[PDB]
S.K.: 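Complex under discussion: CB3717 bound to Thymidylate synthase.
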There are 2 protein chains.
Amino acid sequence: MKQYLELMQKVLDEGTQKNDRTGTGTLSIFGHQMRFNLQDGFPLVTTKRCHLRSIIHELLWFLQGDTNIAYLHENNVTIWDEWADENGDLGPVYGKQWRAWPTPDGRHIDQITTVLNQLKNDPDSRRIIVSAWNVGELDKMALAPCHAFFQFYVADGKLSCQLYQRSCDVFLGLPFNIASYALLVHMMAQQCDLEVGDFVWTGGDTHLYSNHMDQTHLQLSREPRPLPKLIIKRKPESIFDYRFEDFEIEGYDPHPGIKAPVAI
Amino acid sequence: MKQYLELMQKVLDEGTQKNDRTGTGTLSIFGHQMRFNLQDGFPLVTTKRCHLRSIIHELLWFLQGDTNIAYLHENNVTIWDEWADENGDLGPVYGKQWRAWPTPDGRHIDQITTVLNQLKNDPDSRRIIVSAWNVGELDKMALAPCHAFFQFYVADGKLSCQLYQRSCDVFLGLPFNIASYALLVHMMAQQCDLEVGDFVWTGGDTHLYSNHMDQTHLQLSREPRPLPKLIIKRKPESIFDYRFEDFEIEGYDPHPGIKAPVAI
Ligand SMILES: C#CCN(Cc1ccc2[nH]c(N)nc(=O)c2c1)c1ccc(C(=O)N[C@@H](CCC(=O)O)C(=O)O)cc1
Ligand SMILES: C#CCN(Cc1ccc2[nH]c(N)nc(=O)c2c1)c1ccc(C(=O)N[C@@H](CCC(=O)O)C(=O)O)cc1
Ligand SMILES: *c1cc(=O)[nH]c(=O)n1[C@H]1C[C@H](O)[C@@H](COP(=O)(O)O)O1
Ligand SMILES: *c1cc(=O)[nH]c(=O)n1[C@H]1C[C@H](O)[C@@H](COP(=O)(O)O)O1
């Protein structure tokens, strides 16, 4: 996508060499924002083939409040394997915080349900937020939440959403993060009878790993193809009842995939 | 400031009329980002006179982990009066979450201290964050955190910080929020022996209240004056030992102040 390729180029041009937790090394910039008008098409990277199966199942997995990779394995999705323990657990990551944020007084808060109620009863609220950054449980998490905080907004019958991603692996992670959230917006909009608005992506430490340079140069030589259309065949009873089969991406003709090692 | 006046104009030009919690009405946009190179000067609005006393004391108050307006009254700062209860309490807002985030298991986490340790022992960390959005305690808060989540970044010996502000009152609140955080960055940089980098401000629902239109038009007719210089006279033992007297803003010659009613 145009916005995506411009960001890659921006990092190569303005990125500062920086060491990182994985010991891989990166070219990094801090603070970037881009916007995707969901009405223009589904923001799925076309300059390289993205594995839809992984993207979709990861989101449904988050929505189930699941943090054990079992569900993913049942569906042949292995994207989280390297961080799970012997029992396949990742700790109280995304799913757990979204569906059951533990309070100091023993209660559990379902942020998704709360969000649905706010969208349906108070669309003008400036507090329609979901946060995975649970300070009191970070030490139990296998990997601190990258996409950590998002907010919904409703204007002119359209639903928008802004995601704050503290750390962004531009080559491997970003394509997944963008598509994933664009999907959630469509789902939320469907459940709330709203049109899709904009997906605003805001990043903190946005970087390209040193061992993704050839991949990056290769991808930058490609021309972006028309964005596909997302078709949701059915309207489930709730946001928690979607199935992989309910989604259709029409007209997705990407360039060939590009393999790149993941920094653990 | 140029960035600030451009945002005001942007809201007037692209803002959508929207109702809000206060019943005042606003012109609103969603998703905006601006950057201030702290090396260029202290980002204090010059097109209208800002009350430094309030700004500074509010930050020191946050740092003490205080949430009762008593300290503010002792110092003649009344900016939070309308939301405090009979006993002057505001609930577990900013100060409390920064200094004593309550965990489910009874512990309390000092995020500022944690941040200092990360900056000093692991400056390359992509997880140097402080969050005031405590989902489990929002119901006890007098007003949900506007400036809710910020992240520090270190590159080339310089300290940067990005703030995610979910809701922004462009006329009254923004000047305070920008100056306040720019100050915290200088303080943090001093304590960590780093140069100041950039302050990246990212907003969610960014708006102008309907009853601030005349004020806005008046301010937009003014020319921004050179930014002042922040001088920190002393280097305290810790980030928690600063005093109002330690700060000096050199060359602050603003246009006259503009009164505007606050939406409760
Ligand atoms: C974001 C996110 C979720 N995640 C989780 C996740 C966890 C740790 C991370 N760590 C690093 N260094 N970068 C990441 O983007 C990252 C992502 C992903 C993990 C792996 C792939 C990945 O390797 N994708 C391959 C597809 C391989 C497959 O089909 O299994 C690709 O080529 O895109 C994508 C997303
Ligand atoms: C941000 C923030 C902190 N806060 C707290 C705070 C709480 C609720 C809010 N609610 C609304 N509608 N807008 C706000 O910006 C806002 C800000 C502030 C509160 C008041 C003023 C204010 O009235 N300022 C006057 C100065 C008056 C004085 O000296 O006491 C001004 O003209 O700027 C500024 C900041
Ligand atoms: C984390 C998972 C995700 O959803 N998207 C991402 O891009 N990532 C990336 C960020 C970073 O490269 C690495 C996590 O490392 P760190 O915690 O930031 O040090 O995975
Ligand atoms: C809140 C306090 C602050 O630090 N800065 C701000 O601009 N505000 C504003 C945002 C909004 O106008 C109002 C809070 O209302 P709401 O919770 O967003 O409905 O004060």
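Below, chain A is the first sequence line, B the second, and so on; all start at residue 1. Just follow the structure's listing: the first ligand is 1, and inside any ligand the first atom is 1.
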S.K.: Specify every chain or ligand assigned to CB3717.
M.R.: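 Counting all copies, it's at ligands 1 and 2.
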S.K.: Identify all other chains that place a heavy atom less than 4.0 Å from CB3717 (ligand 2).
M.R.: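 Counting heavy atoms only, the answer is B.
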S.K.: Purely on distance, is any nitrogen or oxygen of B:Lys48 under 3.5 Å from one on CB3717 (ligand 2)?
M.R.: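 Among all N and O atoms of B:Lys48, none is under 3.5 Å from an N or O of CB3717 (ligand 2).
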S.K.: Would you say B:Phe171 contacts CB3717 (ligand 2), with heavy atoms under 4.0 Å as the rule?
M.R.: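 Judged by the 4.0 Å heavy-atom criterion, B:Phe171 does not count as contacting CB3717 (ligand 2).
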S.K.: Find all atoms of CB3717 (ligand 2) within a distance of less than 4.0 Å from any non-hydrogen atom belonging to B:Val262, and give their numbers and elements.
M.R.: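 This gives 10 (N), 11 (C), 23 (O) as the contact atoms.
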S.K.: Could an N or O of CB3717 (ligand 2) be found under 3.5 Å from any N or O of B:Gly173, whether backbone or side chain?
M.R.: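 N/O-N/O distance under 3.5 Å: yes.
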S.K.: Only heavy atoms count here, so choose which of B:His51, B:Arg49, B:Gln215, B:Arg21 is nearest to atom 29 (O) of CB3717 (ligand 2).
M.R.: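 Among B:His51, B:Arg49, B:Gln215, B:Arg21, the closest heavy atom to atom 29 (O) of CB3717 (ligand 2) belongs to B:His51.
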S.K.: Less than 4.0 Å from atom 16 (C) of CB3717 (ligand 2), is there any heavy atom belonging to the protein?
M.R.: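 Flag for atom 16 (C) of CB3717 (ligand 2) set to false, no protein heavy atom closer than 4.0 Å.
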S.K.: Near B:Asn177, which atoms of CB3717 (ligand 2) are under 4.0 Å from a heavy atom of that residue?
M.R.: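 In order of numbering, the contacting atoms are 1 (C).
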S.K.: Heavy-atom contacts with B:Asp169 under 4.0 Å: which atoms of CB3717 (ligand 2) show up? List them by number with element.
M.R.: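 Near B:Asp169, the atoms of CB3717 (ligand 2) are 11 (C), 12 (N), 13 (N), 14 (C), 15 (O).
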S.K.: Ignoring hydrogens, tell whether any protein atom lies closer than 4.0 Å to atom 26 (C) of CB3717 (ligand 2); use the non-hydrogen atoms only.
M.R.: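 Flag for atom 26 (C) of CB3717 (ligand 2) set to false, no protein heavy atom closer than 4.0 Å.
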S.K.: With a 4.0 Å heavy-atom cut-off (strictly under), which part of B:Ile79 contacts CB3717 (ligand 2): side chain, backbone, both or neither?
M.R.: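 Both the backbone and the side chain of B:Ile79 come within reach of CB3717 (ligand 2).
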S.K.: Return the nearest UniProt active-site residue in chain B to CB3717 (ligand 2) plus the heavy-atom distance rounded to 1 Å.
M.R.: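 Answer (UniProt active site, heavy atoms, 1 Å): B:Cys146, 6 Å.
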S.K.: In the complex you have, is atom 8 (C) of CB3717 (ligand 2) within reach of the protein, judged by whether a heavy-atom distance drops under 4.0 Å?
M.R.: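 Protein heavy atoms within 4.0 Å of atom 8 (C) of CB3717 (ligand 2) - there is at least one.
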S.K.: What UniProt-listed dUMP-binding residues in chain B have at least one heavy atom nearer than 4.0 Å to CB3717 (ligand 2)?
M.R.: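 Heavy atoms under 4.0 Å from CB3717 (ligand 2), UniProt residues: B:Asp169, B:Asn177, B:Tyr209.
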S.K.: Which is closest to atom 2 (C) of CB3717 (ligand 2) by heavy-atom distance: B:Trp80, B:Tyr209, B:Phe176?
M.R.: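 The nearest heavy atom belongs to B:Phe176.
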S.K.: In the complex you have, is atom 35 (C) of CB3717 (ligand 2) within reach of the protein, judged by whether a heavy-atom distance drops under 4.0 Å?
M.R.: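 Yes, because at least one protein heavy atom sits under 4.0 Å from atom 35 (C) of CB3717 (ligand 2).
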S.K.: Check each atom of CB3717 (ligand 2) against the heavy atoms of B:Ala263 and keep those under 4.0 Å away; list them by number with element.
M.R.: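 Atoms satisfying the 4.0 Å criterion: 10 (N), 11 (C), 12 (N).
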S.K.: Heavy-atom contacts under 4.0 Å between B:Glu58 and CB3717 (ligand 2): side chain, backbone, both, or neither?
M.R.: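 Side chain only; the backbone of B:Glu58 stays clear of CB3717 (ligand 2).
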S.K.: Return the residue, atom name and 0.1 Å-rounded distance of the protein heavy atom closest to atom 32 (O) of CB3717 (ligand 2).
M.R.: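 Heavy-atom neighbour on the protein nearest atom 32 (O) of CB3717 (ligand 2): B:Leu172 CD2, 3.9 Å.
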S.K.: Which bit of B:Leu143 is near CB3717 (ligand 2), meaning a heavy atom under 4.0 Å away: side chain, backbone, both or neither?
M.R.: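 The answer is the side chain.
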S.K.: I'm curious which residues sit within 4.0 Å of CB3717 (ligand 2), going by heavy atoms - can you tell me?
M.R.: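 Sure - by heavy atoms, that gives B:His51, B:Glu58, B:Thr78, B:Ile79, B:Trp80, B:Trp83, B:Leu143, B:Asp169, B:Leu172, B:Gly173, B:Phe176, B:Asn177, B:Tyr209, B:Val262, B:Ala263.
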